[PDB]
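Entry overview - Leukotriene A-4 hydrolase with acebilustat in place.
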Amino acid sequence: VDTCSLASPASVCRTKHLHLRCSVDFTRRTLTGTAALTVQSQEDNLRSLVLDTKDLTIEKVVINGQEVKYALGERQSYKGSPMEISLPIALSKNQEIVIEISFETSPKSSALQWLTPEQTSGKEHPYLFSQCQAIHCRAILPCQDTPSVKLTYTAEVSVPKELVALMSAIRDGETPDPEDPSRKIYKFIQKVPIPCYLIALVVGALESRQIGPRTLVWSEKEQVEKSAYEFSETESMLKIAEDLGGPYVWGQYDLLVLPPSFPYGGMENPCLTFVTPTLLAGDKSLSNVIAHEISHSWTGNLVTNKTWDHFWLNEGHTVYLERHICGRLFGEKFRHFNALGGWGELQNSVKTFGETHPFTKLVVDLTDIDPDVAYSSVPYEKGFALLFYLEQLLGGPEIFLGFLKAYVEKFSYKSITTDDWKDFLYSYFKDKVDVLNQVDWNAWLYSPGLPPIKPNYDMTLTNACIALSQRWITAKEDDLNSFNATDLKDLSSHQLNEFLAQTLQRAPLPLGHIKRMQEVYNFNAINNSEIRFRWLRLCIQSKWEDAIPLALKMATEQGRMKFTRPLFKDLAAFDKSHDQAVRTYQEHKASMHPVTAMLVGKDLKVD
Ligand SMILES: O=C(O)c1ccc(CN2C[C@@H]3C[C@H]2CN3Cc2ccc(Oc3ccc(-c4ncco4)cc3)cc2)cc1
Ligand SMILES: [Yb+3]
Ligand SMILES: [Yb+3]
Ligand SMILES: [Zn+2]
């Protein structure tokens, strides 16, 4: 039972394939077309079925060439409206039928962001992108919007001829639209069964550059050169991921660099990973996000969470694989550095929510909870901490990686729960069950707050970060003159970021210390988004008014939620910038991504 879906469950019927034929209308801000669902009955005498929809206009439903009866139920807030379809003939078990639904999206679809030419790099063409995870696919097309169902898909997308369409699938050609010569049709094929949250579409003035044997980078022309360099390690990361998880089954691994309002660091859309342009640091330092998206090609896209309550399965194992890829490229001391940094991010999330908050549990109950509201570092970091703890308990990384590959092999093309994972862990490590029974499973999986045990971490690379952060925190006015630009000479960008994260955990610091830090280190000149974000939070929480325009500019010139949400919250919490934060949100709201707009509104208590 998936409590986030209003559709018939997988025990009643299952969508085997989607054939999508649609047209993108930038003047109306609508996607119009037909979603033809091949559905297999799982029951005898099946006469109706229910699909998820959200702000969709339904024109008609056709089965066997004839229009059928359908009804839309009352809207259930963020879940949308259930659509019940009356089948013309009762189905026996395993019988399949094709249901062609003619629909139109709303301009306010929570899955989409429609951009004006002014909101793009080129300024001459509009742009469109989707983001279906977790339950936004129902805001694009009628479907069983649950990761417990996997389907293949084909698509034909009509767009203005000057633009390019891409999807989370293999490109299958382009032609002039026969029905309209001012338009082009782009075709797509996804032969690997996927959960519908993995369906994705982008339409814009896109260009491509090859960066590897199975990888193109796509973006507007202005970003192509910088993106090709930034993500040049992609093929090397794919090779390591294949060694760790088994064959890469998806064919292509392309990257799309979105406009700055893209709400996440990345999204693992199969064949076409979507990434934020905030990764463009100029030195490949934020490449762990690519390693993370690559890892999802096994943990999440092949082995999928059965419901959103088990999302930690997707995230925890992916962070685990991501840290092994970066460890293979940069060394074991680096894997430990990132792992320890992750524990710190977990401390921050637990502190923010509170140690008894149900969103700090590894397995959550999302029945009447919007998954976008529950989203945090918890399933990533508490999930990673559990696996890292298990690796240490069970004999080390080589042994635990054997389990990871067997786990991916066992559950490929399936959707699983925490109980399925735990059962297989016990089966694989049957000769180590005495060790496994020492784990406080109830606390790890079902209890809020920090985990009951903290793993062992090598401190080699972290030591210099802690030492410099402690020098600043313990410094008095008479010690400020001792700081100098030479303090940073032996720190990598990763270490500078960690120094800032350690210091931010003890914020606020006195205003004089923050002014001195700018005087000696010139942090205002750093473009790296992670470093700049932590530095600006530190300035605002330490009440430096000079940082107000910089923080406001960062919060609005990009829309990655990891940065935008805490920046607006810190600005609303500083009396000097409170009104500015609220007014800036109000002025930008109508041109923001719909999910980001909703969440920033909730954070600021602005309805
Ligand atoms: O750095 C970054 O900015 C960054 C950000 C994002 C990404 C990738 N994403 C794509 C997008 C966000 C994440 C997953 N997608 C959305 C989503 C998925 C599931 C969900 O439902 C939940 C279920 C359980 C729990 C839960 N809470 C505690 C335990 O379990 C929490 C949410 C809600 C939203 C990569 C990088
Ligand atoms: Yb083909
Ligand atoms: Yb002193
Ligand atoms: Zn992820």
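If you read the sequence from its start, that first residue is 1, and numbering goes on from there. Note: hydrogens, waters and symmetry copies are ignored here, and every other heavy atom, side chains too, is used. Numbering of ligands and ligand atoms starts at 1, following listing order.
The structure holds acebilustat at ligand 1. Every atom of acebilustat is numbered from 1 in the order shown, and the set under 4.0 Å from a heavy atom of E293 is 35 (C). Heavy-atom contacts of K361 reach the following atoms of acebilustat: 28 (C), 29 (C) (cutoff under 4.0 Å). Between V363 and acebilustat, a contact under 3.5 Å exists for no N or O pair.
Given atom 27 (N) of acebilustat, the protein heavy atom at minimum distance is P379 CD, 3.7 Å.
The protein non-hydrogen atom at the shortest distance from atom 33 (C) of acebilustat is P371 O, 3.1 Å. Of all atoms in acebilustat, listed by their number and element, those nearer than 4.0 Å to a heavy atom of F359 are 27 (N), 28 (C). Checked against UniProt, the peptide-binding residues of chain A with a heavy atom under 4.0 Å from acebilustat turn out to be: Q133, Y264, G265, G266, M267, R560, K562. Note on acebilustat: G266 sits in its first shell, one or more heavy atoms being nearer than 4.0 Å. Not close to acebilustat: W312, with no non-hydrogen atom less than 4.0 angstrom away.
Polar contact with acebilustat: present for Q133 (N/O pair, distance under 3.5 Å).
Acebilustat lies less than 4.0 angstrom from a heavy atom belonging to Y380. The shortest separation from a heavy atom of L366 to acebilustat is under 4.0 Å, placing the residue in contact. In the entry, the organism recorded for chain A is Homo sapiens.
Contacts with acebilustat closer than 4.0 Å are made by heavy atoms of both the backbone and the side chain of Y375.
Lab note: closest UniProt active-site residue in chain A to acebilustat, heavy-atom distance to 1 Å, was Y380, 3 Å. With respect to atom 1 (O) of acebilustat, the closest heavy atom belonging to the protein is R560 NH2, 2.6 Å. The closest approach between a heavy atom of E315 and any atom of acebilustat is not below 4.0 Å. The shell of residues around acebilustat (heavy atoms under 4.0 Å) is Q133, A134, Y264, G265, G266, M267, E293, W308, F311, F359, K361, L362, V364, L366, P371, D372, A374, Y375, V378, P379, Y380, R560, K562.
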